[PDB]
Asker: 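I'm sharing a structure that contains cetuximab.
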Amino acid sequence: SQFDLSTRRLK
Amino acid sequence: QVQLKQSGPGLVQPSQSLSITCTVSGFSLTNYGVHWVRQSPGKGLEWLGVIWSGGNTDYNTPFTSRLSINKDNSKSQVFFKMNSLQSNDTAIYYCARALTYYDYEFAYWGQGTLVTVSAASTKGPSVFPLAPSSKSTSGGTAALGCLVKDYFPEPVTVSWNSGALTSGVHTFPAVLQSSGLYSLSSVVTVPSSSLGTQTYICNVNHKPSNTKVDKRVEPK
Amino acid sequence: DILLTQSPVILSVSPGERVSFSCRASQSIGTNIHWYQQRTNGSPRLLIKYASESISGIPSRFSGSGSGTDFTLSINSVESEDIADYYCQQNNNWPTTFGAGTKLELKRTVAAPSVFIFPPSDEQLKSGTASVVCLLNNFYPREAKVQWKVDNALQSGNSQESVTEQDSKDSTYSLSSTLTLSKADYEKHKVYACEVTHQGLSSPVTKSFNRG
């Protein structure tokens, strides 16, 4: 579970 | 309607301080507390603290010494400030309001503010057209877009025809180039028969550098 | 602090199916748990409060249950706009803490990409850099191969890919492959080809152009 700052979605 | 509207995204140098303004409407800061939450890649959603109707503050333990929250009731503004940022304080910061004055179920959120902690400089993007041709036209459908290149930091917003064009739009997630600068494309598919009649414009806005470009995209 | 564990990390289901998210707590928290939805580029949206109580404006297909340490958020019939991440929050103990989230992906029928290629603009060339963009539009599933060739020479390491999140209306992905070279290198070659491989294609699709 890594949160992506660009999309605001989990990877 | 209840709304929380935050100040814009930006760069912060390491060791320096972060400031965010949260302006509310549709309720009064004398009736409701306003909470601060962030969301980072490493630690996920993380409650930071709250300022209560009466001016009292609580800070989550690891932030007690580097966090201050303040407000101006009359102006409907809540002010967030955090000291001595390091790169892992890079996150989206949100302000939020609960259902009831004393609680923690967050029914209203600001739009979030992406804060980047880097030693680099802010750089606005160049915007280039991705022109529709026959090599981008199949069965009456043409594809066209904008290349949004060499900016820092995230984010940048892209819309089309001032918001009037939304269907068929894909704005790709930014990628980091070897230069340490971001690049993305935004595309849209349209009827090819409309290329002679309609104008197509990507509206690009890079808030951290205050760079606003409208790019017209024409068949070549 | 209370640790909240959400499992599994990723769920994948078909439209119309029922689906459950699990949230487990490191010690008992009664029913003091709230659930949130996060869509692409969005802020959290409150779905359920206190384990099971409904929220105004939230579709009836969302419900939750549980007490103590084991909690469940359910969607009785999943729709495409339910593509999102889902988080739990406890507030029985200070400070309030969140789980790490579960991702909800949607299955759909196979859809081949539509492929387009875009030569660099003369505007970009002026700056001394050439970007060649190859677009793969509205496909499923996400797996795809892009092979770049310039004058029959395989390009390697000089392109980057970006893939959108799943489209909330039709469940597809779109992909961009960008080949980047110096203006000098660009001017020294003629044929630029983007070759696409996907489960929905019965044959690799090539889109190309000659400079000028």
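Each chain is given a letter, A onward, matching its sequence line's place in the list. Throughout, chain A uses the PDB entry numbering, with the displayed residues spanning 1-11 in order. Here the PDB entry sets the residue numbers for chain B, with the shown residues being 1-220 in order. All residue numbers given for chain C refer to the PDB entry; the residues shown span 1-212 in order. Header says: X-ray crystallography, 2.5 Å.
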Asker: Could you point out every ligand or chain corresponding to cetuximab?
Answerer: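 Counting all copies, it's at chains B and C.
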Asker: Look up in the PDB entry the name of the chain with the most contacts to cetuximab.
Answerer: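 Largest number of contacts: Meditope.
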Asker: Checking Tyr87(C) against chain A: side chain, backbone, both or neither under 4.5 Å from a heavy atom?
Answerer: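 Contact with chain A: side chain only.
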Asker: Quick check, please: chain of cetuximab with the most non-hydrogen atom pairs under 4.5 Å to chain A?
Answerer: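 The chain having the most heavy-atom pairs is chain C.
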Asker: Which bit of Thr164(C) comes within less than 4.5 Å of chain A, counting heavy atoms only: side chain, backbone, both or neither?
Answerer: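 No part of it gets close to chain A.
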Asker: Taking every heavy-atom pair that is under 4.5 Å apart, which of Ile10(C), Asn41(C), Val9(C) has the most such pairs with chain A?
Answerer: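 Of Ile10(C), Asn41(C), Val9(C), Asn41(C) has the most heavy-atom pairs under 4.5 Å with chain A.
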Asker: Could you tell me which portion of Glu165(C) (side chain, backbone, both or neither) has an atom closer than 4.5 angstrom to a non-hydrogen atom of chain A?
Answerer: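 Only the side chain of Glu165(C) comes within 4.5 Å of chain A.
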Asker: Under 4.5 Å, heavy atom to atom, what does cetuximab touch in the other chains?
Answerer: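 Using heavy atoms under 4.5 Å, it comprises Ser1(A), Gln2(A), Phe3(A), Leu5(A), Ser6(A), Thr7(A), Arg8(A), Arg9(A), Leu10(A), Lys11(A).
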